[PDB]
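This file shows Albumin complexed with naproxen.
Residue indices begin at 1 and follow the sequence shown. Whatever order the structure lists them in is the order used to number ligands and atoms, beginning at 1. Just the heavy atoms: all of them, side chains too, but no hydrogens, waters or symmetry mates, feed the values below.
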Amino acid sequence: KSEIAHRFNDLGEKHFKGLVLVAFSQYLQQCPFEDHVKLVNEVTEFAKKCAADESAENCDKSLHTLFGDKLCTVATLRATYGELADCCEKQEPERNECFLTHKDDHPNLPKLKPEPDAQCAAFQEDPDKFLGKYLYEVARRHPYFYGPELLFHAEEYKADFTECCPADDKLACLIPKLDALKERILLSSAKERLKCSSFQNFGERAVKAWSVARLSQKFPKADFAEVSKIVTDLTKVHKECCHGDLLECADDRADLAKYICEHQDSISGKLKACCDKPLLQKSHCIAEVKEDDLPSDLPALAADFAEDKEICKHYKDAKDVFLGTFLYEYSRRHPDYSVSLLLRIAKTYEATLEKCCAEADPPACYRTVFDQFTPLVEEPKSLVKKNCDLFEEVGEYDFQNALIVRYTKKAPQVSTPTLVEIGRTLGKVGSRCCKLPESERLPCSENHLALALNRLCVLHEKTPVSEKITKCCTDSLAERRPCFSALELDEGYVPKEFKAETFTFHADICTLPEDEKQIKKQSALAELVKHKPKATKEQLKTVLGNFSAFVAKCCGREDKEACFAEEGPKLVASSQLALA
Ligand SMILES: COc1ccc2cc([C@H](C)C(=O)O)ccc2c1
Ligand SMILES: COc1ccc2cc([C@H](C)C(=O)O)ccc2c1
């Protein structure tokens with residue numbers, strides 16, 4: 001009826017305003033905070049005026065016409081987003097499509113730094129404005145963040161400041177919390193970007209297959225009917241969020257959380273905890289829920305999926321069902337596999353049937369089908385064991401450095417900040433996954449690599465530089481990791497010209513936190529590879545150890561700058577000799 005009334009009634013003023021603030025920040029990432037808050041109140045007012053009189057003018061326009069109209073009222077649009085004004089000429093959905101495409105995955109804004117005194121200050125004098133700002137800062141940095149999940153984090157962030165602002169020593173309560181939360185924002189953001197990237201680049205059918213694999217591992221006791229239903233509904237939730245439809249996305253999400261809690265007995269014993277919780281906790285808890293124990297009545301699969309003579313007839317009849325069922329069954333018994341491994345096994349199952357059923361004796365052919373999955377399984381298992389050995393041997397920083405070398409060799413045309421960001425994210429896959437019980441390491445590692453590879457692809461979408469990267473990013477979602485693992489030193493590379501200043505250090509580096517010192521060195525390392533692509537990881541490890549030693553020394557000196565100045569250029573030249 002009035003779609004905007006309806007959502008307002010369903011969501012209530014607070015959340016309504018929340019999600020409307022996020023939406024606007026993510027669509028207009030540059031606008032001062034004040035204008036968004038203003039645009040938000042205006043829509044909220046119209047919403048209220050509509051809830052009271054659904055028959056009133058323009059109350060029956062769709063949401064996107066309404067928000068699209070509000071965004072296009074914003075002043076200096078053509079100075080702030082010269083590229084956006086254009087979308088404003090268009091109708092809907094054309095208009096929305098246009099804003100979407102214009103979203104910025106790397107607006108490269110200032111780092112959100114916890115200034116606890118000035119933040120506790122700002123919080124006390126106005127809690128609503130302080131939290132609203134938080135949503136804006138985060139939304140505009142992560143224009144595809146899972147809308148409703150941000151309202152959830154903003155609660156945590158509120159609890160953070162509520163506990164630490166009266167607390168004794170302020171920063172030491174608050175700074176480990178805000179760092180922890182930031183880590184969760186970044187992972188959360190990555191998980192969602194992969195979902196939306198999957199919608200954009202591979203379509204729903206791919207998003208559903210992913211979801212079937214995953215939800216079956218999590219809910220191995222639910223039947224297939226029940227899995228299909230949730231996947232159907234969840235896909236619709238994320239489709240909407242990814243399309244910028246946040247109010248509908250949230251409303252649909254609450255519906256699904258309620259469905260799931262009505263049925264937790266047919267779904268999972270692990271939901272109990274989640275279901276006893278308030279709305280936003282509940283959804284978050286369901287979203288992040290752990291895998292239930294395997295039922296003791298899992299069916300052998302030989303019979304229907306390898307022995308049956310009718311398989312061909314069954315498969316031809318309705319492929320997507322028979323295959324979905326296969327995927328449901330294989331995944332439910334394999335929480336020890338990664339989602340992409342499962343999706344790879346499903347394409348091989350499928351590929352094997354396409355093949356065998358075309359042959360004169362399909363049953364003699366498809367009978368060994370499960371034995372084709374073996375190589376699929378051991379390849380990633382050994383790749384994880386290998387990288388976990390290396391990691392436990394050399395620790396995060398060196399593991400990252402090995403990854404930054406590996407990736408700069410694979411894609412030397414990518415900018416150093418990106419190679420560094422990625423190599424660093426990749427290395428944190430080790431820290432996270434390698435310490436886990438052994439059978440969890442494969443799924444952790446690959447599911448996490450998916451997130452980081454997709455981040456590389458996303459950046460690469462805005463700034464394309466390498467064809468090998470394009471190919472891996474666009475070929476097959478399921479083959480993405482194996483496609484990247486397979487790249488080697490790009491042989492067509494032309495060593496970047498040497499530029500002394502790049503590798504020249506100064507005293508300023510001395511008062512950066514460790515975290516930031518590393519990035520400085522790690523950038524130099526990428527630069528070392530670009531200029532000398534053929535040097536082995538071992539030569540680079542040694543040369544960088546020298547650079548590290550030189551920095552420690554000079555920063556420790558009475559005269560830091562004469563140290564850097566006298567020692568640097570010598571180390572700069574001799575180090576090229578070691579990279580021959
Ligand atoms: C309902 O059966 C399916 C449907 C689509 C799929 C897609 C993929 C990967 C993600 C792809 O690259 O398209 C894998 C397995 C699938 C099984
Ligand atoms: C368990 O820890 C890891 C961490 C990073 C990894 C990166 C890669 C990439 C895809 C590569 O190109 O080799 C593979 C495996 C990995 C396992």
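With a heavy-atom cut-off of 4.0 Å, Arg406 touches naproxen (ligand 2) through its side chain alone. At a 4.0 Å heavy-atom cut-off, naproxen (ligand 2) touches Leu383 through the side chain alone. Among all non-hydrogen protein atoms, the one lying nearest atom 1 (C) of naproxen (ligand 2) is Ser445 OG, 3.3 Å. Among all non-hydrogen protein atoms, the one lying nearest atom 3 (C) of naproxen (ligand 2) is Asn387 CB, 3.8 Å. My check of the UniProt Zn(2+)-binding residues in chain A for heavy atoms under 4.0 Å from naproxen (ligand 2) returns no residue. Within the 4.0 Å heavy-atom shell around naproxen (ligand 2) one finds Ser485. Under a 4.0 Å criterion applied to the non-hydrogen atoms of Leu426, naproxen (ligand 2) contributes the atoms 4 (C), 5 (C).
Neither the backbone nor the side chain of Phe391 has a heavy atom within less than 4.0 Å of naproxen (ligand 2). Taking every heavy atom of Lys410 and a limit of under 4.0 angstrom, the matching atoms of naproxen (ligand 2) come to 12 (O). Near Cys388, meaning under 4.0 Å from any of its heavy atoms, are these atoms of naproxen (ligand 2): 1 (C). Source organism of chain A, per the entry: Equus caballus.
Residue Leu449 touches naproxen (ligand 2) through its side chain alone, judged by heavy-atom distances below 4.0 Å.
The UniProt domain of chain A that supplies most contacts to naproxen (ligand 2) is Albumin 3. An N or O contact shorter than 3.5 Å links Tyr407 to naproxen (ligand 2) by distance. Atoms of naproxen (ligand 2) lying under 4.0 Å from any heavy atom of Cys434, numbered from 1 in the order shown and given with element: 1 (C). The residue-level binding site of naproxen (ligand 2) (heavy-atom cut-off 4.0 Å) is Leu383, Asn387, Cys388, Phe399, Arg406, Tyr407, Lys410, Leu426, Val429, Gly430, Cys434, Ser445, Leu449, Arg481, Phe484, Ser485.
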